[PDB]
Undergrad: 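Shown below is the structure under consideration.
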Amino acid sequence: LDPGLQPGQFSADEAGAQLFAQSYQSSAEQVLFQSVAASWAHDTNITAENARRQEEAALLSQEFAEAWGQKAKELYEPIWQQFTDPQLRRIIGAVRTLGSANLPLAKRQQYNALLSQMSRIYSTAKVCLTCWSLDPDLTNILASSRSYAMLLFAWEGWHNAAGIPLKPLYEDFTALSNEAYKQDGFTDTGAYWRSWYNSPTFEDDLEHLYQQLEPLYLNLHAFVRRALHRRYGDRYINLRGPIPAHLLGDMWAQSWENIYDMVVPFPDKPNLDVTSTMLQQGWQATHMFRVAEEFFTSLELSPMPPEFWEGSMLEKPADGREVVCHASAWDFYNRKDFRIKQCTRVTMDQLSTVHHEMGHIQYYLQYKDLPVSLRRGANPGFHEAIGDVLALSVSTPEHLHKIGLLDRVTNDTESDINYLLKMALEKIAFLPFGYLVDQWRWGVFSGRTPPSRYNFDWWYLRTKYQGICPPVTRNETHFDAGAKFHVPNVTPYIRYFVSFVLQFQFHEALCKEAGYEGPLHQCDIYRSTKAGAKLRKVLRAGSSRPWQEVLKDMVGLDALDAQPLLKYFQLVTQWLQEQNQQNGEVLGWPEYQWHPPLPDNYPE
Ligand SMILES: *[C@@H]1O[C@H](CO[C@@H]2O[C@@H](C)[C@@H](O)[C@@H](O)[C@@H]2O)[C@@H](O[C@@H]2O[C@H](CO)[C@@H](O[C@@H]3O[C@H](CO)[C@@H](O)[C@H](O)[C@@H]3O)[C@H](O)[C@H]2NC(C)=O)[C@H](O)[C@H]1NC(C)=O
Ligand SMILES: C[C@H](N[C@@H](CCc1ccccc1)C(=O)O)C(=O)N1Cc2ccccc2C[C@H]1C(=O)O
Ligand SMILES: *[C@@H]1O[C@H](CO)[C@@H](O[C@@H]2O[C@H](CO)[C@@H](O)[C@H](O)[C@H]2NC(C)=O)[C@H](O)[C@H]1NC(C)=O
Ligand SMILES: *[C@@H]1O[C@H](CO[C@@H]2O[C@@H](C)[C@@H](O)[C@@H](O)[C@@H]2O)[C@@H](O)[C@H](O)[C@H]1NC(C)=O
Ligand SMILES: [Cl-]
Ligand code: NA
Ligand SMILES: [Zn+2]
C-alpha cells in the first residue's frame, strides 16, 4: 500500500475521528477511482489483460480497507457508537467493516478471480446453432418471437450456456464470502446484506407487504395465462397449472410488458406501446438519453455533465470488442466522472431502462460533495427507485403525446384499463421475482440450500411465487439461478422489490407536491419545480440519515407501504377480478407438478 494511502496516527477521540475520516476520504477517492476505472476498462472491453488489471485493483482496495479498517478499530472501537456526530458514526461504522479484506491474501486472490471469471462467463456466454448473444439477440427473441420452439431454444440455450459452467465457481464464492463476513460478526453474507435496512423486522415487513400484493399478482397471472391458452392451446398451457417460463416476453419471466399485444383488452384505443413510432421516427440511443435528461432538468435537477457524454458507452460497440451489456450507472468517486454503460436498443421498455439508469447518475450528481462513505442511497431501494419514479410520469399517454410518441389522447375508462394493465405487466408481474431472488440467496448463504439443492430450491421458489415452470426438465447439473446477471455479479436483489413499493410511495408524494388533483396513474410531474425540490432533498441526503426519517420527511410515513401501489392500480385490480370470475378462472396453480411436453420436432 503506497505510503500516501496508509493511515497515520489520530487521537483516540471524536475530534481525531473527524481528522481520520477526512484523511480516509482523501485516500479512499484515489483507491475507488482506480478500482472503478479498471472495472470500466474491463466491462467496456473484456480481455484477459483488462481482467488481470481489475483483479489487481481489487487487491489494492482490499489492502486499503484492511489498513484503515484495522486502524479505525484500534483508535475508535470503544467510542464510535457514542460519537455526537451521527454522520461520523455512520462513516466509522462503514470503515471498520472489512468484508473480503478479512480474507488472507491467498483467499483474497481466489475471491477476486472468482468474481472476475463468473462475470466473464455470464457476459460472454452465447447460444450457437453463428452464435446469438443475450443482448441483443436472445432478448429480442424472448420479447417478440411467438413460436413456442424458438422461444424454448433461446430459453434453454441461455440457461444451459450461462448457468452450467457457473456452478462450481458460485459454490466457492459462497464459502469465501461467508468466511469474510463472519469475521465482521455476521452469521453469513445474507445477514450482512439484510443489515443495510437497519430494521429488526425486515423479513417480516417484506412478507406482510407481499401478502397485500399477492392477490393482484394472482389475478394478473390468471388473466395472462388465459390469453396464452387462446394462442398456444391446451397442450402447452394448463389453465390450472404454472405458466411455461419462456412465454412471458422476458428471459426470466420477470416482467411481461412485451406480451402486451396479446392481452390488451381494448385494442382500438391508442396503441400504448410506442416502439414502432420510435423506430418510424428514427430514434437513436442518444435521443433516448437526451429526452430522459430533459425530464430531469424540467424538475430543476442537474443535467448530465460533459464527462458523462464524453465517457459513456450508450450503444453496443460494433468494433471487435466484447462488453458487459447489462445496463449500469457508474460513480468514479472523483466528483467529476459519471457514466452509463448500456447496449441501448430502440424500444419503449429501454426508454424506461434509460430513465432507471439516469436516476442512479442523478443521485451520484446530488450527493457527490458528501463524504465518500455516505455516497449511497438512504437504502439501496431508494437508489433503484429514483429513475423509475420519473418513468411513471413519462409513460402516461398524456406525456407520451407531449413528446411526440402518441398522436391521439383519450381519457376514458377503456384507455385507463389498457394503460393500467400495461403497467401491471411491467410492475405487478415483477413483484414475486423481486422478492424470491434473495430468498434463494439468503438460503444459500445460511447453508439451508447446499450446492446439491441449488436448482431444486430455485424452482421451488420460482413456482411458489411466480407460478411458472421450466419448459424442459431441469436437474442439479443445471444452475438456472446463475443465468440471471445479479447472481454471478454478486449484486443484491431485494432492493428491487423495495424499489417497486417505494416508487409508488414517492410518486404519490411528488404528485401531491406538484398540485396534481386527478387519479394517481394519470399524474405527470414534468416541469414541476416543487416536485423537483422535494426529490432533490432526498438525493442530496445520501446515506447521511436513517432511511426511515428521510422517507417520513418525503412522504409523511417512516415505513414501506403498499397502499400507494394498490391505489395506483385499484381500477385494474377490480376489473381483472371481475374478468377472472366471469371467465371461471382458477386463481393460482393447484396443478403445481405440471410441466409442458417437448415439441415433436425438437430441437431440430
Ligand atoms: C381524466 O378524467 C378524470 C375524470 O374527470 C371527471 O369526470 C369526467 C367524466 C369529466 O366530467 C371531468 O370534468 C371530471 O372532472 C380527471 O380526474 C378528475 O380531475 C379533477 C382535477 O383535474 C379532480 O378534481 C379536483 O377535486 C378536488 C377535490 O377532490 C378539488 O380540490 C380540485 O379543485 C379539483 O376540482 C377530480 O377529482 C378527478 N376525478 C376523478 C374521477 O378522480 C382526470 O384529471 C383526467 N385526466 C387527465 C390526464 O386530464
Ligand atoms: C437494468 C438494471 N441493471 C442494474 C445494474 C446493477 C449493477 C450493480 C453493480 C455492478 C454492475 C451492475 C441496475 O442499474 O440496478 C437491473 O438489473 N434491474 C433494474 C430494473 C428495472 C426495471 C425493472 C426491474 C429491474 C430489476 C433489475 C433487472 O433488470 O433485473
Ligand atoms: C481493449 O483492451 C486492450 C488491452 O487489454 C487494448 O490494447 C492495448 O492498446 C494499447 C494502445 O493501442 C497498446 O499500446 C497495447 O499494447 C494494447 N495491449 C494489448 C495487450 O493488446 C485495446 O486498445 C482496448 N480496445 C479498445 C477499443 O479500447
Ligand atoms: C441432467 O439433464 C441433462 C440433459 O437432459 C435433461 O434430462 C433429460 C432426461 C431430458 O429430460 C432433457 O429434456 C433434460 O434437459 C442430462 O444430460 C444429464 O445427465 C442429467 N442428469 C445429471 C445428473 O446431470
Ligand atoms: Cl439490497
Ligand atoms: Na422488457
Ligand atoms: Zn438500478
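Shown for chain A, in order and in the PDB entry numbering: 1-129, 135-609. Note that ligands are numbered from 1 as they come in the structure, with each ligand's atoms numbered from 1 the same way. Header lists the method as X-ray crystallography, 2.2 Å. The basis for the numbers below is simple: all heavy atoms, side chains too, and nothing from hydrogens, waters or symmetry mates.
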Undergrad: Not sure I'm reading this right - what drug is at ligand 2?
TA: quinaprilat
Undergrad: For quinaprilat (ligand 2), which chain gives the most heavy-atom pairs within 4.5 Å, and what name does the PDB entry use for it?
TA: Angiotensin-converting enzyme, soluble form
Undergrad: So which bit of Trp335 gets within less than 4.0 Å of quinaprilat (ligand 2), heavy atoms only: side chain, backbone, both or neither?
TA: neither
Undergrad: With heavy-atom distances below 4.0 Å as the criterion, list the atoms of quinaprilat (ligand 2) near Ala332.
TA: 3 (N), 4 (C), 5 (C), 14 (O)
Undergrad: Between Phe505, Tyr501, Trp257, flag the one that comes closest to atom 6 (C) of quinaprilat (ligand 2) by a heavy atom.
TA: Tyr501
Undergrad: Quick one: which quinaprilat (ligand 2) atoms are inside 4.0 Å of a heavy atom on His365?
TA: 13 (C), 14 (O), 15 (O)
Undergrad: Give the UniProt domain of chain A with the most residues touching quinaprilat (ligand 2).
TA: Peptidase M2 1
Undergrad: Can you name the atoms of quinaprilat (ligand 2), numbered from 1 with element, that are less than 4.0 Å from a heavy atom of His331?
TA: 1 (C), 2 (C), 3 (N), 4 (C), 5 (C), 16 (C), 17 (O)
Undergrad: Just go through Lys432, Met256, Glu362 and tell me whose heavy atom is the nearest to atom 1 (C) of quinaprilat (ligand 2).
TA: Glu362
Undergrad: Do any heavy atoms of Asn494 fall under 4.0 Å from quinaprilat (ligand 2)?
TA: no
Undergrad: I keep going back and forth on this: is there a covalent bond to quinaprilat (ligand 2) in the model? If so, which residue and atom?
TA: none
Undergrad: At a 4.0 Å threshold, what atoms of quinaprilat (ligand 2) neighbour a non-hydrogen atom of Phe490?
TA: 11 (C), 12 (C)
Undergrad: What else, ligand or ion, has an atom closer than 4.0 Å to quinaprilat (ligand 2)?
TA: ligand 7 (zinc ion)
Undergrad: Between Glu431 and quinaprilat (ligand 2), which part of the residue brings a heavy atom under 4.0 Å of the ligand: side chain, backbone, both or neither?
TA: neither
Undergrad: Any atoms of quinaprilat (ligand 2) less than 4.0 Å from a non-hydrogen atom of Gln259? List them with their elements.
TA: 28 (C), 29 (O), 30 (O)
Undergrad: Which nucleotides or residues of neighbouring chains are within 4.0 Å of quinaprilat (ligand 2) (non-hydrogen atoms)?
TA: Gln259, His331, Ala332, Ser333, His361, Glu362, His365, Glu389, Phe435, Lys489, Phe490, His491, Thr496, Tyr498, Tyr501, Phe505
